[PDB]
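Figure: raltitrexed in its bound pose on thymidylate synthase.
Numbers restart at 1 for each chain; the letters A, B, ... are given by sequence-line order, proteins then strands. When a ligand or atom number is given, it counts from 1 through the structure's own listing order. Computed from heavy atoms alone, side chains included, the values below leave out hydrogens, waters and symmetry copies.
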Protein chains: 2
Amino acid sequence: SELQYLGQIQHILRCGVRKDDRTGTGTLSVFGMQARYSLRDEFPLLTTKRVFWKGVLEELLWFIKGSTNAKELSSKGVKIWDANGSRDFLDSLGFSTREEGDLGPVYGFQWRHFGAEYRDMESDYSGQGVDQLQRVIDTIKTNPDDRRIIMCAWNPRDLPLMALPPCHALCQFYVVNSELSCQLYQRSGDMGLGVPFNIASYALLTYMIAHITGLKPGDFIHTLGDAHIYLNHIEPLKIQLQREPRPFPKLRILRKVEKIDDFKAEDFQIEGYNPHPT
Amino acid sequence: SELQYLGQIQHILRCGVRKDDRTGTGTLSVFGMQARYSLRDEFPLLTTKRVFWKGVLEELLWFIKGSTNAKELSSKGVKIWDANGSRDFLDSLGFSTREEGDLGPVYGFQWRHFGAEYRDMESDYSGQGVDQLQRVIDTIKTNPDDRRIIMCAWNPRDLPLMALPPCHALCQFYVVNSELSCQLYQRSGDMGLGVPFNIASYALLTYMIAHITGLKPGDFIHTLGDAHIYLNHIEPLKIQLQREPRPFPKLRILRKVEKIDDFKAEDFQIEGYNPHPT
Ligand SMILES: Cc1nc(=O)c2cc(CN(C)c3ccc(C(=O)N[C@@H](CCC(=O)O)C(=O)O)s3)ccc2[nH]1
Ligand SMILES: Cc1nc(=O)c2cc(CN(C)c3ccc(C(=O)N[C@@H](CCC(=O)O)C(=O)O)s3)ccc2[nH]1
Ligand SMILES: O=c1ccn([C@H]2C[C@H](O)[C@@H](COP(=O)(O)O)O2)c(=O)[nH]1
Ligand SMILES: O=c1ccn([C@H]2C[C@H](O)[C@@H](COP(=O)(O)O)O2)c(=O)[nH]1
């Protein structure tokens, strides 16, 4: 099913009109896309180009902890969020009083404390806001047929405080025949970098929730708003586009976990990941 | 085109799985679906089965007003929400102290006063909460390339207060070459009734915003979470699939409106809508 991805990369490079991004760099853009990734006895960690798995793993565990401090992620060798929490950036946004690394009410905070009043990354928010993550887990356990199993990171109120608007605005879970599926609504997707990572990321979330709810991972539906390839990647991705997709690896969860919060980086083992070099 | 929709119908029939809902009515379900409807010189008002246009138009103008009073819509000849706002149904949700017609913080409220504290339908919320509607309208005019033009109805906090959890979690707008597109993330889709009406609803909103932002309607991307067919509709739908889809009608905005709040039902006229019998 990695072909669907490549396909999406193909479709954008042959019907994708040009559209400049927030910065100034242009991109080839298509609006509204979807790809289905089976999670059955296999993990969708793209093989046509290596995905920064550690980053994926550590970032999610970071979202789950409810952390909004980029330093707590950087400490794990995953610096993908450091620039957005650096003294300069925070200042350029008007957050002069913010301790360095304080990203604001972002992903982690929304998932676990949606609606709560943000103070700073050091603050305790226990028992504050809606714990969407635990709610989806509990809903799955109690009413799997439920069609409102949603976790939304998009918080219009908190938007102005974020050291970045979330790309993963919303995700929905679905259960049938003891299979747990998840669909992500990605408002903006950098096909060349973020997307493969995001796919892996939510595939992981699903594996985790599945494992905790005693379900089997179903599918990960990936939906894109602005699916785009930055102009400077148009050829490199065309290079990748000709690479032969290899069998997806397998994600082994080593220990049984009672709660999403208990998962630790060492409980996860990617097996048989044979991605193309460079 | 309508074939997309019809194709989705056959897919749910040919590959959907049996899944039970809240009422336990039983359904053929597929999780994760996406259709693309061109809004260029045509309005996606389904022809293989009449769609309650007046309802679509009135409910939408009703959302825009920020109204959460079903009596407000019901007096427009649209009772689609009356049951949910009835003394009886409100009491089954625990809103026994809530004035009849009061659906709680639903779409209208979510779109114009997001994050504000809901009191009741009679309350003045002006200046309170985030006005997503105007915001997306503003962003389209000032920075159409914005990859964050989102309008979210899914308020994790407000959800319980609503007579009914939103099916239109959020929608995103996109702009390229003077064309305004819109993608709707529908968590639960009744392919036999709601969906066609939902599709129209947002097509109408897109047509409405393109007009105020001086853009052309491009595409309306319909994304579904739990796409389903109720088992008792399987026979009907089977017949509909036989039907020859007639050209989609056309929407004409008679008056030249400047602000999203000035749109009146009179300003809209559907043209050449030949919905199939019964
Ligand atoms: C234009 C743009 N595109 C992106 O994809 C993007 C992603 C993030 C955050 N994110 C969600 C990321 C996921 C993966 C990443 C990355 O830089 N991977 C590198 C290097 C990591 C390493 O090995 O140290 C790689 O694997 O090539 S960054 C922030 C701004 C962005 N900006
Ligand atoms: C199981 C279920 N499926 C739905 O599609 C659904 C839809 C709504 C709201 N909605 C989005 C609606 C769209 C159209 C409607 C309707 O009742 N149309 C009538 C109109 C006739 C009349 O004027 O009385 C019809 O076409 O029969 S209702 C509420 C509960 C639901 N429940
Ligand atoms: O998890 C992530 C985070 C970011 N991005 C990319 C998409 C866009 O190229 C850019 C986001 O900035 P805007 O969408 O706000 O322009 O980052 C991803 O693909 N995945
Ligand atoms: O605009 C709407 C509102 C509701 N529904 C249908 C879909 C489901 O059949 C049912 C939703 O109920 P739950 O998802 O809450 O079970 O209503 C639609 O299709 N469109």
Map raltitrexed onto the structure by ligand number or chain letter.
-> ligands 1 and 2
Using a heavy-atom cut-off of 4.0 Å, which other chains touch raltitrexed (ligand 1)?
-> A
For raltitrexed (ligand 1), which residues in other chains have any heavy atom nearer than 4.0 Å?
-> A:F52, A:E59, A:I80, A:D190, A:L193, A:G194, A:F197, A:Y230
Atom 27 (O) of raltitrexed (ligand 1): the protein heavy-atom neighbour that sits closest, reported with distance to 0.1 Å = A:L193 CD1, 4.2 Å
Of all the atoms in raltitrexed (ligand 1), which lie at a distance below 4.0 Å from a heavy atom belonging to A:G194?
-> 5 (O)
How far is atom 9 (C) of raltitrexed (ligand 1) from its nearest protein heavy atom, and which residue and atom name does that atom have?
-> A:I80 O, 3.9 Å
Among protein heavy atoms, which sits nearest to atom 20 (C) of raltitrexed (ligand 1), and what does the distance come to when rounded to 0.1 Å?
-> A:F52 CD2, 4.7 Å
Nearest UniProt active-site residue of chain A to raltitrexed (ligand 1) (heavy-atom distance, 1 Å) | A:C167, 7 Å
Taking atom 2 (C) of raltitrexed (ligand 1) as the reference point, report whether a protein heavy atom occurs under 4.0 Å from it.
-> yes
For A:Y230, counting its heavy atoms only, list the atoms of raltitrexed (ligand 1) lying under 4.0 Å from any of them.
-> 1 (C)
Of the residues in chain A that UniProt says bind dUMP, which have any non-hydrogen atom under 4.0 Å from raltitrexed (ligand 1)?
-> A:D190, A:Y230
Source organism of chain A (PDB entry) | Homo sapiens
Enumerated raltitrexed (ligand 1) atoms positioned under 4.0 Å from heavy atoms of A:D190 = 1 (C), 2 (C), 3 (N), 4 (C), 5 (O)
Look at atom 14 (C) of raltitrexed (ligand 1) and say which protein heavy atom is nearest, naming residue and atom and giving the distance to 0.1 Å.
-> A:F197 CD1, 3.4 Å
